[PDB]
Amino acid sequence: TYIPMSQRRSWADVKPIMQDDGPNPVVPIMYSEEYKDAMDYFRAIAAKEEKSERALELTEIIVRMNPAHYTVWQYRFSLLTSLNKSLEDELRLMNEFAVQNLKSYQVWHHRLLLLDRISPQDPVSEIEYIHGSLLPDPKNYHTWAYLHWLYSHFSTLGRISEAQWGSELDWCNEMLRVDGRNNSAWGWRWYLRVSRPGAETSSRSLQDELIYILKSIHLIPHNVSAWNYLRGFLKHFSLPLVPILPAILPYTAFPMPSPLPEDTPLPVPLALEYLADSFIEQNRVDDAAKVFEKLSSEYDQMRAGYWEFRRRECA
Amino acid sequence: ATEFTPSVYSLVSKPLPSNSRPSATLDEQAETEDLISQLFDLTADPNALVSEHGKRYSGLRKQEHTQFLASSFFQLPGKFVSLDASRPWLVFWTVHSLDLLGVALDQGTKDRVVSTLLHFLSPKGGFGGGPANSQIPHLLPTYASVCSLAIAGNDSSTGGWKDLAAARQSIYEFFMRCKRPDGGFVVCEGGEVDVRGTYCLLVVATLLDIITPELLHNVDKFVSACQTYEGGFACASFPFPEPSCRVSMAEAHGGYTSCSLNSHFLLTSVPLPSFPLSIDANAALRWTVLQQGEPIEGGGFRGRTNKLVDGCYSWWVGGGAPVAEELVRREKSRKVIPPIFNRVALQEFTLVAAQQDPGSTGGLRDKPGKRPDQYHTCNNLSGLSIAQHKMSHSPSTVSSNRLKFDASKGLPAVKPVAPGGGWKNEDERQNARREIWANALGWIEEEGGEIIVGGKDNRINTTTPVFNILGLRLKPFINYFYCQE
Ligand SMILES: Cn1cncc1[C@@](N)(c1ccc(Cl)cc1)c1ccc2c(c1)c(-c1cccc(Cl)c1)cc(=O)n2C
Ligand SMILES: CC(C)=CCC/C(C)=C/CC/C(C)=C/CONC(=O)CP(=O)(O)O
Ligand SMILES: O=S(=O)(O)C[C@H](O)CNC1CCCCC1
Ligand SMILES: O=S(=O)(O)C[C@H](O)CNC1CCCCC1
Ligand SMILES: O=S(=O)(O)C[C@H](O)CNC1CCCCC1
Ligand SMILES: [Zn+2]
C-alpha cells in the first residue's frame, strides 16, 4: 500500500498546502491519492522556494504521473541549475522516459533547455538520438521542429561542420526514399538545401535540386508534397515555369515522365494548376481561365469555388 | 448558394492513387478512406427529402452533445489528470460549445465558472492551467480564461469582468516578461516560443485594451517568418544573429496557420509605421483550400500535407479561410463571389463522420474510430459554424464603428516597462484604441449567405473568426474594457 508523505520521516518538517480551487469549482478532476499527496507537498515546496534533492525527487514523481504539468517541469529545471546537477544524467533520464512511453511536449522542451545549457562542442549524439526517435514516429511534428532548432542553434555557434551537413542530407534522402509522401522530411530538405543561411546557391545547385524534384514527381505523380516543393522552389528563386513545362505536360493530358506508372489516372490536378500558372506567366489569360474552369467543374470539384475564383481573376 | 459547393454524395468517391509506389503514408490513407466512406455509405444523404429507410439519420444530435459536455462539467474521471494543467481549456471547450449549441447556463452555474477561473489568476499577472497556488501563468490558459469570462461573466460585482479590468496592468507586465527581442513570446517562465502564444496574447491584449508599441516590436516579423514554402505557417521562426535572417522551423500546420493568420490579422489594426510586415496571403489561401479532403474522405480538412483528415481542423483550417480571404481581398484592392472552400462538404463531414455514433456518449471526434473529447467537440462545432455562416470582415461596418467610438471614455492607460515604450501621445493612443476596437468588431454574417446542410434544425450559432467566441459575447465584453457600452 501507499505510504502518505505526512508519515515519511524525510518530510516531517513540511506542512502540505491544499489546492485552492475556491468553493464548488467547475471541471474538477478526480485525483489519485498519490497525485493529490505529491501536489500538496509540491505546493508547500514551491511556496517556500526550496531548492533541494527531495524537491527534485518530488518533481520526478509528479511529471511521471502528469508529463504535461508545465509548472512542475519549470520548477524541475530551476532545481537542476540551482543544485548544479549533472545535465548529462538528466538527458539519460529523459531517454528513460521515452522508453517508458512518458512522452509529452514538455519532455522535448526540457531536452532543448538541457542541450542549450550543456552547450556541447559537438551535438552529434543528440542529432543521432533525434534520428532514432523519428524512425518509428516519422511525422512527429515537435521532433522535427526540435531537429530544426538544434541545427539552427548549434550552427550559429559555428559547431556544425560541412561533413555533418552532408551526412544530414544523406539521412534526409533516405527518409524520403523510405516514404516519399513524408511531408515532414520534405520540409527538412527545404531547410537543408534552401532556407538555412549556409546553403549553397549556384547554377549547379539549382540544377541538382530541380533534377531531384522532377525525379520525385515522376516516381509519385500524385504526391502533393513534391508538387508543393516544386512550386515553392520556383517561386523562391524567381524561376519561370515555362522552360520546365515539357516535364509536366504529360500529366495534364531534365528528367521526363516514365509509359506512366500504373495507377496514375490523368489529369493530375496540380499539373493542371502548373499549366494554368504557366499560361498566366505568358499573359495567356484566356487559356489559363479555361484550365481553371476545368479544375472547377471537372477535375478538382472539391475546390470548385477556389478554382472559379482563380478563373474570375483572369476575366 | 451551392453552385460551387457540391455535396460529397453528388461526387465520385475514388481512393488517392498509388502510382504503384506503396508507402506507410498511403497505407494509413487508404485505411482512413475505407473507414470514412463506409460511414457515409451507412448514412442517409443529409440533403435528401426522401430521407432513406434503413440508413442512419445525420441530424446534429444537440442533446447528446449537451449531455456529453455536462458530465465533463462537474466531475471528471481520474484519466483527466493528463489535462490538470489545461483546466481553463476544459472550461472554454465546454462553455463555447454550449453557446454554439444554443444551451444557456443558469446564473448559479455561470457564477461557479467565474469563481473557478478567478482562482486561476495570479496577482503578478496572467492565468495558469489551474489554481494560482499550484500553477504559474501561461499565455494559453490566459486566452482560454479570458474567453470563458466573456462567455460566462458579466459587468456586476460578481461577474469577473471587474477583476479582469483591475488585472490589466499585471497581465500586461506578464506579457512583457514573456517577450523576446526577436518578436516571439515564451508561453510561460522557461517555456517554449511559439505562434500559439503570440495568438493567445494578441487576442487578450486586443480585448483588454493593453496594446503598446513596445509589446508589439518585431512581433509581425516573427509571425511573417513562420510562413513556409507551402504557404501555411509553422510553429516558430528562428532568428540568426535584430536578426540577419529568420527561418521557419517546421511544416505548415493547420493549428499554427490559424494562429499566424489570426495574429497577423490582429496586427493589421495597429497604426504603427510600416507595420505589420506582410505575409504572402495568396499562398496561405492556396494552402488552406488544398487541405480540404476529397469526397472519399468526406470533405473534412487535414492539418498538413499527406496526413489524415480530422474534425478539429474544421476550425483551425476552415476558420482561417475568412481571414486568408480578407487579406487576399485587401492585397488585390491595393493594386486595383463563390465560397472559397466547400462549405457543404465540411458540414457533411461534421454531421456524418465527426459525431459520436447515436445513442451513446455524444460529443464529436477527430474521425470514426476515435473517442470524442471536449477539444474535438469545440473545434468541430466552431468549424461547423464557419461553414454554415458566411463570415466577412466589413469595411463599412468598421467605418460605422469608427463613427460611434467615444475616445473620451476608457480604462487607465497601461504603464510601459521601458520609459518610451508607450504611444507617443494621447492623439496616437486614442487613434490606436479606435482602430483596434473598431476592427475587432468588424466581422459580420453576410445576409443570404447561410447554408444549413440537412435543414434548419442543424443550425448552430455564429462564431467570430479570429476570436472564436459568439459575436453576442464579443461585443459587450470588448465594449466593457473600452468603456463603449
Ligand atoms: C495535433 N492534434 C490534432 N488533433 C488533436 C491534436 C493534439 N495532438 C493537440 C496537441 C497540442 C495542441 Cl496545442 C493541440 C492539439 C491533441 C489530441 C487529443 C487531445 C488534445 C490534443 C487535447 C488538448 C489538450 C490541451 C490543449 C489543447 Cl489545444 C488540446 C485534449 C484532449 O482531450 N485530447 C484527446
Ligand atoms: C492553443 C492553440 C491555438 C493550439 C494550436 C492548435 C493546434 C492544432 C496545434 C498544433 C499541435 C500539433 C502540431 C500536434 C502534433 O500532433 N500532430 C500529429 O500527430 C499529426 P497531425 O498534424 O496530422 O494532427
Ligand atoms: O441529441 S438528439 O439525438 O437530438 C436527442 C435524443 O435522440 C433523444 N431522443 C429521445 C428518445 C425518446 C423519445 C424522445 C426523444
Ligand atoms: O504573487 S503571485 O506570485 O502572483 C501568487 C503566488 O505567489 C503564486 N505562486 C505559486 C506557488 C506554487 C507554484 C505555482 C506558483
Ligand atoms: O426548417 S426546415 O429546414 O425547412 C426543416 C426542419 O428543420 C427539419 N428538421 C427535422 C424535423 C423532424 C426531426 C428531424 C429534423
Ligand atoms: Zn484533431
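Within every chain, numbering begins at 1; the chains are lettered A, B, ... in the order of the sequence lines, protein sequences first and strands thereafter. Each ligand, and each atom within it, is numbered from 1 in the order the structure gives. As a basis for the values below, the full set of heavy atoms in this structure was taken, side chains included, without hydrogen atoms, waters or symmetry mates.
At ligand 1, the PDB records name the drug as tipifarnib. Tallying contacts with tipifarnib, the largest count belongs to the chain named in the PDB entry as Cryptococcus neoformans protein farnesyltransferase beta subunit. By chain letter, those with a heavy atom nearer than 4.0 Å to tipifarnib are B. Of the protein's non-hydrogen atoms, B:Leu83 CD2, 3.8 Å is the one closest to atom 30 (C) of tipifarnib. Under 4.0 Å from tipifarnib, the heavy atoms of B:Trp93 that appear belong solely to its side chain. The presence of a protein heavy atom under 4.0 Å from atom 7 (C) of tipifarnib is ruled out. Taking a distance limit of 4.0 Å, we find that atom 16 (C) of tipifarnib is approached by no protein heavy atom.
Protein heavy atom closest to atom 19 (C) of tipifarnib, with residue, atom name and distance, is B:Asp373 OD2, 4.4 Å. Shown here, atom 11 (C) of tipifarnib is out of close reach of the protein: none of its heavy atoms lies under 4.0 Å off. For the ligand labelled tipifarnib, residue B:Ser86 lies inside the 4.0 Å heavy-atom shell. By the criterion of a heavy-atom distance under 4.0 Å, the side chain of B:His376, and not its backbone, is placed next to tipifarnib.
Contacts with tipifarnib closer than 4.0 Å are made by no heavy atom of B:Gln374, backbone or side chain. Of the protein's non-hydrogen atoms, B:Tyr313 OH, 3.3 Å is the one closest to atom 3 (C) of tipifarnib.
Scanning the protein for heavy atoms near atom 14 (C) of tipifarnib, the closest one is B:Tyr375 OH, 4.0 Å. Heavy atoms of B:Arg196 approach tipifarnib to within less than 4.0 angstrom. With a heavy-atom cut-off of 4.0 Å, B:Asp366 does not touch tipifarnib at all. Contacts between B:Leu140 and tipifarnib below 4.0 angstrom, taking non-hydrogen atoms only, are absent altogether. Residues with a heavy atom within 4.0 Å of tipifarnib: B:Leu83, B:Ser86, B:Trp93, B:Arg196, B:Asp310, B:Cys312, B:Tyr313, B:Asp373, B:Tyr375, B:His376.
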